[PDB]
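The chains referred to below are lettered A, B, ... by the order of the sequence lines, with proteins before strands, and numbering in each begins at 1. Only heavy atoms go into these numbers, but all of them, side chains included; no hydrogens, no water, no symmetry mates. Order of appearance sets the numbers: ligands from 1, and atoms from 1 within every ligand.
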Amino acid sequence: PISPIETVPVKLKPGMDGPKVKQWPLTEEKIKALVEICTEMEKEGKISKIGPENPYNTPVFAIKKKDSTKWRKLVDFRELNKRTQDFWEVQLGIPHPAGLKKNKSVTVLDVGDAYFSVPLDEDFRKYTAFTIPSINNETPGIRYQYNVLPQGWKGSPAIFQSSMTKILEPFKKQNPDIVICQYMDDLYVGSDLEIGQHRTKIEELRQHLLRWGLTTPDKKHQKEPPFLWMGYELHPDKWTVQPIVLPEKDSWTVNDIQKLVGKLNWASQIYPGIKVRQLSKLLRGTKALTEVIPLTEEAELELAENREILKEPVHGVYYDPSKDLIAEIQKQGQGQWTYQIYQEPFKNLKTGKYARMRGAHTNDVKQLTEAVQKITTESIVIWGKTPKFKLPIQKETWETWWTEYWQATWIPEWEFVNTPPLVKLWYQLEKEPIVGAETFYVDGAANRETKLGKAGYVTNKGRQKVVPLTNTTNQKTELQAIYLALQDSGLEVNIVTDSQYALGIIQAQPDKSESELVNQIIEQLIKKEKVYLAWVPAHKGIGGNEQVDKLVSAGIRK
Amino acid sequence: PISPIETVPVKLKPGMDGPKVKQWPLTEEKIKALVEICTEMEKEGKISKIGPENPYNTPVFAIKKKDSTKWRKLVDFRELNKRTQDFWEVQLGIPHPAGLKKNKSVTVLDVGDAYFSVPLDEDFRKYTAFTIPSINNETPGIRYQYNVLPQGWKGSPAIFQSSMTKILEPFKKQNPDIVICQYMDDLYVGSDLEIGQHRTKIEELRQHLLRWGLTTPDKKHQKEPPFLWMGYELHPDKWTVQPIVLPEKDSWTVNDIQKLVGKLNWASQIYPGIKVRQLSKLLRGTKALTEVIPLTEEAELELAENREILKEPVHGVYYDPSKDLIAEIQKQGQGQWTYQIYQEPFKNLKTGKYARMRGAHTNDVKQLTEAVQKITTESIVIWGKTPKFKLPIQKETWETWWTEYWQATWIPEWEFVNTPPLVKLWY
Ligand SMILES: COc1ccc2c(c1)N(C(=O)OC(C)C)[C@@H](CSC)C(=S)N2
Ligand SMILES: [Mn+2]
């Protein structure tokens with residue numbers, strides 16, 4: 001006679017067909033248990049007496065152990081939802097609390113059951129079929145099909161929210177001033193009326209969903225805020241989290257490392273200061289989840305600091321669509337970057353970090369942009385607009401950089417904040433050859449099949465030198481040469497290389513690096529008052545270069 | 001063919017399923033933009049809302065077709081495009097107007113309107129599904145699907161294709177000097193007339209197209225005027241080749257010589273006709289870089305004549321139309337950006353240059369975006385096909401901005417090349 005809602009026409013993959021995983025029986029025990037449940041359901045709707053004709057079967061297996069006084073009904077659609085088409089996505093973008101609006105009242109209504117309410121397209125019911133173990137060898141067994149959204153199936157989260165939304169439609173209609181977003185099962189009716197009139201509205205609504213045939217735990221009161229939602233704690237003027245179970249354990253296997261990071265990397269969003277670079281590297285050199293990853297020196301330290309800021313649980317605010325967003329950033333450590341976005345001094349809405357796993361050589365600036373960058377992409381999703389950046393860098397330092405930098409770049413306007421440490425440059429390379437500066441023609445080749453190689457030079461002032469090196473790389477050495485040069489050269493000097501490689505590393509004027517060597521060079525270039533670095537064709541015999549090349553291991557002196 | 005008020009049954013490729021491309025988060029203002037746009041499209045029966053029995057979804061942005069008070073919806077039907085293809089089964093088999101890149105004036109009129117007058121096959125509609133995002137996930141997203149030929153879908157022109165000629169025929173009949181070749185959504189009307197007149201022939205057309213119904217919004221600022229400037233009047237004849245050139249001199253140092261050698265030693269990968277040793281001996285011995293050396297008598301020749309070996313192309317004038325056209329771009333000096341477009345490494349079918357001056361055109365991103373649209377539009381004029389870019393910009397930044405200053409109605413395909421520290425030397 002009456003299904004309120006209308007059904008979302010369904011279908012499965014072309015050529016494919018429903019599942020027939022037959023009945024894997026068990027004794028007559030839980031069979032009464034289920035028989036009780038699927039009969040209390042059989043009522044008129046939730047399910048139905050399948051004729052003989054039923055070809056499909058997706059096995060219901062009773063597991064009461066999960067439910068106390070109650071015997072839980074848990075089906076498994078594994079082979080059905082395999083055969084089902086796909087539906088538009090059931091959005092999984094946890095609205096980050098940070099982009100939520102201040103509210104005086106917020107309530108919550110369970111609706112996970114609704115599934116069981118919404119009717120199912122008739123023609124797709126012919127496949128939801130589950131079979132109950134009867135008592136004999138003969139023909140008839142207890143056949144029952146679904147007539148609603150079988151929790152567990154594919155598009156149930158799907159066709160429900162749809163159905164759900166087309167149900168809220170009218171209430172939402174007559175009630176132009178009450179927010180009602182949902183998250184799978186949790187309905188968050190929100191408003192700005194004293195708890196009283198609020199449950200007046202939340203009253204009418206429950207009756208509404210009810211008239212549109214749905215559940216409600218009880219004609220009871222309703223809310224219970226703060227909430228435990230997707231790891232969040234939501235009061236009104238506040239939001240945060242506390243589930244910090246952080247290890248003081250002797251050993252630590254990758255699994256309890258991933259959780260280690262995975263946990264702080266969450267604290268990250270509201271605690272002002274978490275760092276996690278070190279703990280990262282660890283994953284390096286492993287596969288199995290429970291393995292030996294000898295913890296490291298600095299690592300214990302990071303693990304040591306945040307261990308503190310956690311002491312006093314923090315709190316984030318809600319956003320004023322009216323007000324302007326703002327983010328400042330500070331250079332935590334050697335590559336880590338910490339930021340935070342507020343609207344009013346100290347009233348943070350959220351915070352974060354940034355480490356450049358990007359590149360193998362970088363500088364504060366670039367990093368600082370990736371940061372400024374990461375924040376904007378974020379900010380756009382979280383708030384639908386971009387913050388006003390305040391950053392520890394003077395235009396002059398950055399304007400003289402985005403300009404020489406060969407890559408395109410666009411920063412939403414920023415605002416110099418003199419809160420040291422300051423992002424700066426340590427050396428610029430004299431964009432033109434020097435005079436009276438000794439000229440060092442350098443090199444350092446190795447045998448691609450060895451451990452040892454050598455690097456050296458030949459100057460105009462007549463000086464010639466070679467150094468031999470233990471376990472190096474043909475590339476690696478060309479950077480040794482650059483390095484040797486800067487060593488026995490004056491406060492100003494010209495260097496000539498044939499290594500597009502060494503050229504390209506140094507030219508990018510990097511300051512932070514992991515190549516132990518490149519960190520050496522990046523050091524001498526600060527003690528230098530002036531450095532000119534230039535390239536030349538390889539083995540092309542150009543006066544100064546033709547000399548260091550035959551002065552280095554030419555094959556083998558032979 | 002023409003089907004009167006009836007449907008034209010479209011389809012997909014061999015083993016091809018609709019697109020499932022993810023929508024990118026937009027800003028609050030592009031959202032409302034689209035929301036206003038689509039709501040009205042909905043009332044005009046153009047688009048329609050969709051239940052969850054539709055897993056499909058192609059991206060959409062809000063750009064200002066023109067930076068007017070009015071915004072515009074730009075659908076990114078790329079992926080949808082690849083997955084369909086039954087059309088060259090068109091009535092004609094003429095290649096692209098090899099002379100169009102030659103005309104004096106190539107004005108670009110965009111008839112994307114027309115399209116919204118043909119019903120899409122009810123069956124194919126589903127693949128057109130797009131989703132207007134929602135700020136910070138609060139709402140599922142808004143979902144519509146097209147009921148008419150959609151702009152940008154590389155298949156609506158094809159359906160419509162017949163009605164085109166049927167309309168164009170006359171103008172083409174009488175005006176038989178003018179080349180009219182169409183691409184994706186707009187037409188490319190060319191000719192050698194003197195501006196003042198060309199403009200009208202374009203305008204006659206416009207008034208013609210509009211006479212039959214096919215509206216054209218592509219109106220230049222004013223009615224019928226007289227004084228010249230730079231708009232969408234591409235002038236194919238004048239855009240030339242910015243060659244790789246060597247310097248001229250009375251103070252060349254050793255560095256100077258050196259850099260030179262380096263640069264010519266490179267050009268020898270393109271024009272192996274080059275020579276250098278007689279310009280490489282000048283540096284014999286380890287001298288200062290600042291030292292100044294007289295450019296010798298026998299030396300002065302090389303440089304001089306290599307300066308002619310460059311002014312003459314190589315063995316790659318050959319464009320295989322079924323090979324991908326790639327474009328690269330180096331951000332030179334400042335204000336300026338240089339490019340190239342090959343199909344095969346080191347044999348560029350063209351090498352250009354872009355530039356402007358920081359006024360409102362302040363930053364790198366809008367510049368690059370414009371150097372892109374620019375290189376692309378050229379390319380369509382020459383081969384009737386957009387190239388695959390290798391932009392020198394972090395994808396994030398490109399993806400957060402690329403829309404801001406975009407005006408075209410096509411999306412080339414790009415990738416983010418990450419580094420040029422010598423090739424920057426004027427390619
Ligand atoms: C006390 O918790 C809250 C306080 C304020 C808000 C929310 C919850 N928001 C919400 O849906 O919560 C999600 C994170 C589950 C939404 C809609 S509630 C009508 C809004 S507008 N701000
Ligand atoms: Mn060498």
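- According to the PDB, the drug at ligand 1 is HBY 097.
- The main partner of HBY 097 (ligand 1) in this structure, judged by heavy-atom pairs under 4.5 Å and named as in the PDB entry, is Reverse transcriptase/ribonuclease H (p66 RT).
- Other chains within a heavy-atom distance below 4.0 Å of HBY 097 (ligand 1) are, by letter, A.
- By chain and number, the binding site of HBY 097 (ligand 1) at a non-hydrogen cut-off of 4.0 Å is A/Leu100, A/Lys101, A/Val106, A/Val179, A/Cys181, A/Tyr188, A/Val189, A/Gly190, A/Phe227, A/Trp229, A/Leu234, A/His235, A/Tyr318.
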